[PDB]
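In this structure, RLY-2608 is found bound to Phosphatidylinositol 4,5-bisphosphate 3-kinase catalytic subunit alpha isoform.
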Amino acid sequence: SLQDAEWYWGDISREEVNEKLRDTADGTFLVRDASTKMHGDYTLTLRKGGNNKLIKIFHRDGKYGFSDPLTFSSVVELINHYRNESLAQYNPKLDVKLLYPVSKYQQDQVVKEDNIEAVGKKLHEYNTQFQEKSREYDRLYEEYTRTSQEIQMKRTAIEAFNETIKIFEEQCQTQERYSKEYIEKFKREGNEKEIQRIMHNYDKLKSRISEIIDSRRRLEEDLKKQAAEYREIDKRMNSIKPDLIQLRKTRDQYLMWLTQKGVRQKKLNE
Amino acid sequence: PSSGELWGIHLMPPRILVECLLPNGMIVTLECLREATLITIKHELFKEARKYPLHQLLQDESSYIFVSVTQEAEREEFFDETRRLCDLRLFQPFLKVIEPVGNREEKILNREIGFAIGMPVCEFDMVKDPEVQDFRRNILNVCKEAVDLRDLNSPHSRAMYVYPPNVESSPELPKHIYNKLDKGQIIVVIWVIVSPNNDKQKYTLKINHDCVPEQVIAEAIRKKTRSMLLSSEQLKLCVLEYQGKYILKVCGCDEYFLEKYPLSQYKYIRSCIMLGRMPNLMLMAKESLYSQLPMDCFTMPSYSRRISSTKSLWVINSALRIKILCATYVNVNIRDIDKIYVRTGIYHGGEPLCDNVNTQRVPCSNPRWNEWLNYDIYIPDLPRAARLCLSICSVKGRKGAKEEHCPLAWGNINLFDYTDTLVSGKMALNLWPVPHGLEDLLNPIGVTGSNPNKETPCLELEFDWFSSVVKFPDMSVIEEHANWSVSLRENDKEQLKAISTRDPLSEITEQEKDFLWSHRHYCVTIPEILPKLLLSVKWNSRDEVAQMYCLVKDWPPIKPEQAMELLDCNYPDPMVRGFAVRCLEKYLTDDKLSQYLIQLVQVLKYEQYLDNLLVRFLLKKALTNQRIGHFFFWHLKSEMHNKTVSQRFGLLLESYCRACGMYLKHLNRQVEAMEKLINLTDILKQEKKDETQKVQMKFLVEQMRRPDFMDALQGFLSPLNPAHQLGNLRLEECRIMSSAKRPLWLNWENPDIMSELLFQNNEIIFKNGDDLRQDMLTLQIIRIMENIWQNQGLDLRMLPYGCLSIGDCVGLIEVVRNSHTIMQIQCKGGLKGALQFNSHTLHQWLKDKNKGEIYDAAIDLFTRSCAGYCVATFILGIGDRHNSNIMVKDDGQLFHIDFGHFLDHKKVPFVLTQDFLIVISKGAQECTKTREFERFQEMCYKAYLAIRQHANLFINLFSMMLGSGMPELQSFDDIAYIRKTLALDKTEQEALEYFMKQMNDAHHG
Ligand SMILES: N#Cc1c(-c2cc(NC(=O)c3cc(F)cc(C(F)(F)F)c3)c3c(c2)C(=O)N[C@H]3c2cc(F)ccc2Cl)ccc2ncnn12
């Protein structure tokens, strides 16, 4: 039968099948009833070339098929025919067999006694464990962005210190240039008074250059330490992401045992 | 760009000590005022320098200038010596004396551009990348074209640039507008100022709605010369005198009627008819308008002029292979993550040209591979817009649970560069952070380029080298290959047309797309089908692409609402995008260009290279129409912080500011005004956040009393609408608001000579902390939907109030005067039930504000606007809003507010509360059964299917925003919700019943 077939999911949306053939291998296939919501009209989608390629299953006189010449009796016959041999018969442009089926009620990884608490209790547990680990991820991403812009604020400030220091060092190298042969001329006149005026000013220059050099390393030191904890926030987010996805899918499929009741009473209670 | 007048200091003290370095090695401490101009500094320095050694070496004061370091780390030469010390944005209080070198004017101008765009222009000079340097030079001709074009018929052409006509796209007003005209005529009042005391006199006229402004000036001088006993020719002479001597201006704002569009086509008067208000125009002397248009030049910059064998792709006989060498700076926990690997894919837009390939998995502690990845694609089969998308991924394993893969950092590369050459040799690009919420292992929509941030993961690759430079084949041989490979019907025609109707995101199965490719030649009969046909092309086959290039070369032009789709991320081919641009620059009006400017700026991100046909089109239009150039600037400026586009937009802004003329001076006043406001809110949010709201009120009123502040916040143009002049602040009305981010309620006087005829005081909300581009897009979309309904005849009044994002989570919002929230209005009433507000309180408040004959009008306006927002919010998923999210004017107009606040609360039915039904039914019992409600839901039905009839436009507008970085718009799957509410995969009657059932379930009837 078609309704019980592995690869028939029913009222599933295109965006939902795109989320199920993501990064899968060529040949993975799945069929829905067409998005048109018209009875007895279906669409098959298979992975080929990194793309999800859709094809329409026409229906006429009870027969089936996806071309103007229509043949098969049921879709299960149409599909299994192309599970045994390739569909290059239809179009040589793609020549993969319907290799990997993705079924609706496999991956149902609830193993213990199916007491209704497997929903009312273990679902609320995983969902509580999912929203907590989501709270932490958003907290990390916030201080991650804060730390990100604080770092570049400091990188441009040390770059400013570099220019100021470049400009005070060239000042020293011009003081020695234009004061040398006046110091040398004062020296033989016996005018130590004027020499100490020059040296008193040269000391003043390289005295301040020491202060801005110290202010730079004190900033490079804060930068080095904040750049480090920025990398730690990164690896923590990378460790929380795979876990967060793992228990989000577990919370999602634990609605399977809610679908056991169908009507969403056992979650409306929560 | 500058948090204060000194690094880590908001304001300089009144007197500070400045270390002055002389051209002799003497250092002089100069005490000077905060506000001292550099002319005063330099003069008093060389005056003090005589007290220090080696004065003889100093030349004359006039032969030197100051240089220093800014808080942007720039060694800035202070040529403009008129600037105040505290306006220099100094890093440290010191000044280095040097002899000036280089072009003074160019340096003064670059500083003004740097302040405008938020970064120093010199940073562009240091860029090694030749694409950047070629861009800076090669668009200067677009600047020259625009400047020469607007200085052609001066001063008129110059006035048409600064004050362009604000006109609808069509003079053909619909009949529901025409029916408010007195037998096809309109009444207008013309005002004139007389000098002795600026006293004013008015002249009322009745004229045909389609009179040009000069004819209006003719009817006015004709009405005043009534009794002068003039001959038919003497009347012509003075009519000619006035027609050529005066123009018309809107009373209260800077809008003018400089071109001969029919009067009713000017938006200000198209709405005076719609709203049935009195158009007030001021007769003004043309020589007075041209007086306030100071001549402005455009000078080619220094970089504009000087600078200090191959084989075709289609001869390379080999498949593509790329080498992944090693990675760096990978941040991963070695004990929680098992292994890492590099994932890659060859993409044409968003469709992989071939299956993805991954490097082998590798320990986290040694990110090295040295693998050659082989791709299933023949090098000659590479399309020009082919891109390499890659990422570093991690894996965590388990048996009882599936293995989990996650991306760590991504990066995209153009396999061909901007010169048409195929890349070769080893390459190293720093990768980007994976955006919040994205779980796909790759990000093909992300920008192509290396991350400039340092200490970021750096991946190294190597591309094959084919003994010489390889280039994409010229178009000459491409067409010949099509002639090589290439060597009516009825029932198929109805299906082809049946496919043109389907929206851009509809499912297109394999049988349908290759059916289009088969009849690709018949498709030109229905040019609407092009986007479907392009997605049908197998872009990894040079045979098909070449054949498709010949079809787009002769494709009948489609109209802009359709061409805009071909600029989104699904059409990267440069020939397709060039065809789309040519559709815009010949069919897109400056009105609808200004309407879709948001989306047009965003698709710049999808552009593969800096120099392209789109940016030259937008830049051209921004320099010939200062209205769209104003928002062109702010939409670029608002995203400067984003390093993924900061360079692209920065180079684009440099060229605009370098050729926009005297408007740069005005923009800098706006920028400095916002800079002051954002610095005061940061102080309120970071320093005195713990202080009381009344302590903060003090900091504000006091910091707003400062002369330097008021001089900067008084007398500039409103960024929400440059036509609105913002004069003096009414500090009496200014205040912080109750929100945690504490936005500023600001209020200015309108300095217009006749401000009393429009609005005498203008007030705006400035908010720092919230991302406003969700409100921008929502309000824009609301304005589109209102325009659609009006032109169809539905007089549903929406209120897309002004909203503008000026930067990272900071922007402006237009205040709506005489309006309250429904919550505020319920509190004005009393409790009816047991601790329950009275449902009739809304209806009663509206009666008090609309006594007498005007009562019927208010109920009509409430029912029409309520129907509009009900349909709008349902379609867009805005749905369940709070009574404090919904507002209503004393007029009776209803509108929603704060849409980002709503989307942010999440990260559906529509509101039809009982209180609204009381008003709609005029306070009746079983209000769901009266004939007012009968025709109310009939308005909703017509409005719903009206938007469905233009669903392609909205889906295209949202699709163009996917690269914006808005978390609401990260994938086409996000846009799929609008396909659900509009029910695009169903028929009309099926969507109508879906909307009817939705509305019925709203009131649970
Ligand atoms: N919220 C919410 C919500 C939704 C709900 C709401 C929304 N709407 C927006 O995202 C949105 C709407 C704008 F007009 C402007 C902007 C802005 F500014 F960001 F660009 C964003 C979308 C979805 C689900 C969904 O799947 N795709 C979204 C979507 C729908 C559309 F029609 C159009 C575009 C998009 Cl992107 C459904 C039920 C429900 N019940 C309680 N809340 N709630």
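Below, chain A is the first sequence line, B the second, and so on; all start at residue 1. Counting starts at 1 for both ligands and their atoms, in listed order. Both backbone and side-chain heavy atoms feed into the values below; hydrogens, waters and symmetry mates do not.
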Other chains near RLY-2608 (non-hydrogen, under 4.0 Å): B
UniProt domain of chain B with most contacts to RLY-2608: PI3K/PI4K catalytic
Contact residues, RLY-2608, heavy atoms 4.0 Å: B:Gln774, B:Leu777, B:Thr778, B:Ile875, B:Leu876, B:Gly877, B:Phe902, B:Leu903, B:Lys906, B:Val908, B:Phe958, B:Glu968, B:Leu969, B:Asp974, B:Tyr977, B:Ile978
